[PDB]
Student: 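I'd like to talk through a structure of zonisamide bound to Amine oxidase [flavin-containing] B.
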Amino acid sequence: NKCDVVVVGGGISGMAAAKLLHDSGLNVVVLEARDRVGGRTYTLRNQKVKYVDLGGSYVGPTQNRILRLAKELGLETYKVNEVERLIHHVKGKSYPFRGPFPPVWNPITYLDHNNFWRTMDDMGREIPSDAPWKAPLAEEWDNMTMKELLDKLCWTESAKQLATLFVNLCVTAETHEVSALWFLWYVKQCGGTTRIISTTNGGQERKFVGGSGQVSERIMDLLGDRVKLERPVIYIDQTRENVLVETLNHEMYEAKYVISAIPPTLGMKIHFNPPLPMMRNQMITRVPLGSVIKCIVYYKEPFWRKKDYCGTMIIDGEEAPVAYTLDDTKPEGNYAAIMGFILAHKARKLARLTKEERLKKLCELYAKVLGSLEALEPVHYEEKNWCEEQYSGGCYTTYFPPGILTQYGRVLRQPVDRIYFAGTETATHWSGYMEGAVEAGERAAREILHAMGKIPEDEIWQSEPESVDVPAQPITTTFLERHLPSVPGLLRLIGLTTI
Amino acid sequence: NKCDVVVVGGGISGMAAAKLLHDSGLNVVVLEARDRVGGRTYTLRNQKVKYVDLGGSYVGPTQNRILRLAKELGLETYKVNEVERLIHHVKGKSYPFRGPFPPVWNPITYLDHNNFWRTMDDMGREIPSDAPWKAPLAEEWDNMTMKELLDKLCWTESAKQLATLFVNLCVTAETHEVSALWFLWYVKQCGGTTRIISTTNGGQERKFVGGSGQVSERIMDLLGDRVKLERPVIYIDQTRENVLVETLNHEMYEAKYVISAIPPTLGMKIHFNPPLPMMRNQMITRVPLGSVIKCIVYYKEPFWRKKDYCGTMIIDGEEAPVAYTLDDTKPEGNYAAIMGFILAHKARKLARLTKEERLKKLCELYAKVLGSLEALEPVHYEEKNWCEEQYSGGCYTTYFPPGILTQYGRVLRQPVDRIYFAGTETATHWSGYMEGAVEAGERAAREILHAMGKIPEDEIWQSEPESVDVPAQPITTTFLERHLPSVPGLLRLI
Ligand SMILES: *Cc1cc2c(cc1C)nc1c(=O)[nH]c(=O)nc-1n2C[C@H](O)[C@H](O)[C@H](O)COP(=O)(O)OP(=O)(O)OC[C@H]1O[C@@H](n2cnc3c(N)ncnc32)[C@H](O)[C@@H]1O
Ligand SMILES: *Cc1cc2c(cc1C)nc1c(=O)[nH]c(=O)nc-1n2C[C@H](O)[C@H](O)[C@H](O)COP(=O)(O)OP(=O)(O)OC[C@H]1O[C@@H](n2cnc3c(N)ncnc32)[C@H](O)[C@@H]1O
Ligand SMILES: NS(=O)(=O)Cc1noc2ccccc12
Ligand SMILES: NS(=O)(=O)Cc1noc2ccccc12
């Protein structure tokens, strides 16, 4: 029944919020729909794999909030394998390389690739992290899809193809599905193209020893009986002095304030009294989550390392079920494994198959890309299709279709009377990620502390000290990268000389 | 507790389904979230207006199901006033005209406008009404917004602006918000451009005497206490022998089958056991409804008729709050009124204002367009902003953003175990309209009759005889309309 704050959702965001409030001396309850905490993070444990992240997994430099939270909880990280060569597979052939970006030899194509990434970041700098709708050309950019933007920007098929894979991989959506403004924001608020795509010095640098599900699990341990499992919230009533929150299993909770720590669209599963204001009422029907199946194929040994491949594969082509892989071998060197993502339309397409049929297709793909018959000899397989999850809606995160972010974006984290909004989607730095979940949960909690008169306004948003364990190398460019012309820029130079 | 079929939603679709099953001898229950029936139709009564439709209102030729159902319930129609001239207001000036399409005089603009409408219908002929995802170019057209298609097709700003207004008015959404495939299907499944945009001989020909709300109300009258108001459904359990349906007010209903007669996305408000299949789980997060405020300004007399204007105004440009109006005067000539729609982003923008502030803006606009100071003296005002409705999600209907119809369209009316799907969004003819609501409700009911072995498979979909009261006249084109070149076509001849 009675408490100070009800937190709806026991993912990382809700758990971070609840922990902050609890540490501050408030009486909190977490109402979680599932029989587990963690949400879009889920660490499976069994004898064949020991542990494996089937949801969110990677952390990296500049993600200082998740690193600090996890450290405080007693967790350690380890580095994802990137010792050996990466592979870019294009038009049925594999091209090994080093560094974050697949190399390009053709001079025209090089100019086009260089300009593409540069332009993504150039446009990003126009977009405020905390208010993307305030970009000078917000409306123009929001009214085109990423497909349209790539069609304008990429003068080569090679760049367009790689850029398409980049979009699919980052946001588990097709280029024609998403707003250009929103995607440009999404990349910029992660620190830009280099930071978001990189393993070493980027978002995919590390994993947690024992899995990311431990973050939510250990917070549940600290909170004890305050976390209520299998309590899906169905109804929130703010007409009276205290907020009333009802669950599906017929329980009533009474609170001063509520934090909604669920994906924005999943707010639809709750009936509101009084009704939500118009803008939020419509916003939550306009913000779908992407589509992905995370697949892990296990092997006797990490055989790819012997061929001087680290296990990273960037795989372009409609035929390929998986467009991106990483080595998922344990830091001890055992439970050898390749993690792969089946993205966007392919997640829909290949969901029809059996688990065994997907495993077969993945092994045949990996065998070709790695030029290795050993890839046809898996010892185990695990997968999770996040599209089937009633209480997630998809993965990794919420995307915005054309026109939505400028029209409805401002209400994402606008409080509704005594309801405050957390969830990674409401973050301003690494929104979409575990990092964003922590930022949003702690910010929502502090909004409530401010409303109660416990902290001053300037303490709602708080900076985070850089991790001493995971230092961030700055993102740098070369003179040539900065000043080489685009393809149309070069054509202009040609036309002017011929005058 | 126990019945044969639970119908979720007491709009026209839910009511039509429940009536059909009831008339077949089954025990039905309608569970309705609101304290009223009708859903996206709502007729307000007071002394000042007598009655006014604040939701869906118009019916016309080829909408034979809604006309038949209404007639059976004892309703009659009257004609929307289109005796005098229509107005197209462009670049701050009113241009009166007759016929469905505003005329264009510049020869280049003429070719461009002609080609736009013609191309819309040309593309539509390749889109199956019952399976738009089966169009030969389904993926190409679905991966494009209407904004992109218009940018490609329209060589003049004039055609592009009118095309844009057309999209905004038809589907209460911006051209950049909606899939080209879906929009082309939408127009085609209403019978094409002329049929959808026409008052005389089209969708806006008629209104119901006493209001469209009477359709749902009179079915509720028939069903009596089988309709349960203020029963929002929260939970559907299909794990046992009988389907269990729970409401927010704690009641439990048990049935052999369920009809979901709510907008697809409002399916999100229900917790499912077992969970929905993946495709429907994601589909219902991908399908928003449009944005509109319906506004009716009342006057002492239908003064526009004195200047040989019928009251229809097509008003281009960002500045105008309302882009389209119709005469809403009653058949007797009293309760003189102009109905206007505030569409899409303008509904979002102008919702911030007070009711009185919106009235002033509309009156000043109408004064300019009609060229009459009489527009500045309203006697009454009614409005409804459908964006604020928890149990609608918007109006008029659900739109599909780029990429969604091809990926998820097929699951719209695919049954989920013992749940069948009604609602105008699942119709194949006038989906989005009251007509589509009737089609889908009766089809879903007949799917259940077939599942029970009461009727054969070929009786699930049923043709409708043409209304005797509202017969359809054929849509025609002229030789020149069919064969005049596009702008780039004329350029290739140069
Ligand atoms: C799924 C996924 C996610 C992911 C990714 C790969 C996949 C396959 N890779 C990531 C990565 O490598 N690194 C990273 O930092 N993030 C990655 N992501 C995304 C990440 O998992 C998410 O950003 C993060 O987990 C989100 O946390 P948040 O707390 O904001 O949100 P949530 O996990 O979805 O938790 C919400 C909880 O609420 C419960 N719920 C839902 N509805 C209700 C109702 N009505 N009542 C009560 N509880 C409700 C959910 O069950 C959930 O626990
Ligand atoms: C709003 C609007 C609609 C409209 C239009 C102009 C406006 C402003 N003009 C139209 C017109 O001139 N001619 C026409 O034929 N249609 C026009 N439209 C659209 C039309 O009103 C709709 O197509 C039609 O009314 C839709 O009917 P349908 O039966 O398919 O759907 P509904 O009216 O939305 O009814 C659904 C009912 O379900 C209830 N509900 C929602 N959730 C629940 C839950 N969880 N549990 C129980 N009941 C639920 C709703 O409250 C509603 O009553
Ligand atoms: N963090 S992850 O690998 O689970 C998904 C992901 N988001 O953005 C990326 C950019 C490049 C490679 C992967 C990703
Ligand atoms: N049926 S209505 O008037 O409520 C909305 C409507 N849909 O498509 C149209 C085309 C021209 C004018 C109006 C409309």
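So you know, we letter chains A, B, ... as the sequences are listed, proteins then strands, and number each from 1. As the structure lists them, so they are numbered: ligands from 1, and atoms in each ligand from 1. Just so you know, these numbers use all the heavy atoms, side chains as well, and skip hydrogens, waters and symmetry mates.
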Student: In terms of chains or ligands, where should one look for zonisamide?
Tutor: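 Check ligands 3 and 4.
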Student: Can you tell me which other chains reach within 4.0 Å of zonisamide (ligand 3)? Heavy atoms only, strictly under.
Tutor: A
Student: Which zonisamide (ligand 3) atoms does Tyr58(A) reach within 4.0 Å, using its non-hydrogen atoms?
Tutor: 1 (N), 2 (S), 3 (O), 4 (O)
Student: Among all protein non-hydrogen atoms, which one is nearest to atom 10 (C) of zonisamide (ligand 3), and what is the separation to 0.1 Å?
Tutor: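 That would be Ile196(A) O, 3.2 Å.
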Student: Just jot down the zonisamide (ligand 3) atoms closer than 4.0 angstrom to any heavy atom of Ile197(A), in number order.
Tutor: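 Numbered from 1, zonisamide (ligand 3) contributes 10 (C), 11 (C).
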Student: May I ask you to identify the nearest protein heavy atom to atom 12 (C) of zonisamide (ligand 3), giving residue, atom name and distance to one decimal place in Å?
Tutor: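 In this structure, atom 12 (C) of zonisamide (ligand 3) has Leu169(A) CD2, 3.3 Å as its nearest protein heavy atom.
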Student: Note all other ligands and ions lying below 4.0 Å from zonisamide (ligand 3).
Tutor: ligand 1 (flavin-adenine dinucleotide)
Student: Answer yes or no for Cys170(A): is there a heavy-atom contact with zonisamide (ligand 3) below 4.0 Å?
Tutor: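 The answer is yes: zonisamide (ligand 3) sits under 4.0 Å from a heavy atom of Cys170(A).
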Student: Quick one: look up the protein heavy atom nearest atom 1 (N) of zonisamide (ligand 3) and list residue, atom name and how far away it is.
Tutor: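 The closest one turns out to be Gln204(A) OE1, 2.7 Å.
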Student: Report the member of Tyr186(A), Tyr433(A), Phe166(A) with the shortest heavy-atom distance to atom 7 (N) of zonisamide (ligand 3).
Tutor: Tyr433(A)
Student: Which residue and atom name correspond to the protein heavy atom nearest atom 4 (O) of zonisamide (ligand 3), and how close is it?
Tutor: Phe341(A) CZ, 3.2 Å
Student: Could you pull out the residues near zonisamide (ligand 3) at 4.0 Å? Heavy atoms only, by chain and number.
Tutor: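 Heavy atoms within 4.0 Å: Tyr58(A), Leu169(A), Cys170(A), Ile196(A), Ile197(A), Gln204(A), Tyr324(A), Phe341(A), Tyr396(A), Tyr433(A).
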Student: Report each N/O pair between zonisamide (ligand 3) and the protein that falls under 3.5 Å, naming both atoms.
Tutor:
unit_1                : atom_1 : unit_2    : atom_2 : d
zonisamide (ligand 3) : 1 (N)  : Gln204(A) : OE1    : 2.7
zonisamide (ligand 3) : 7 (N)  : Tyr433(A) : OH     : 3.4
zonisamide (ligand 3) : 8 (O)  : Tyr433(A) : OH     : 3.3

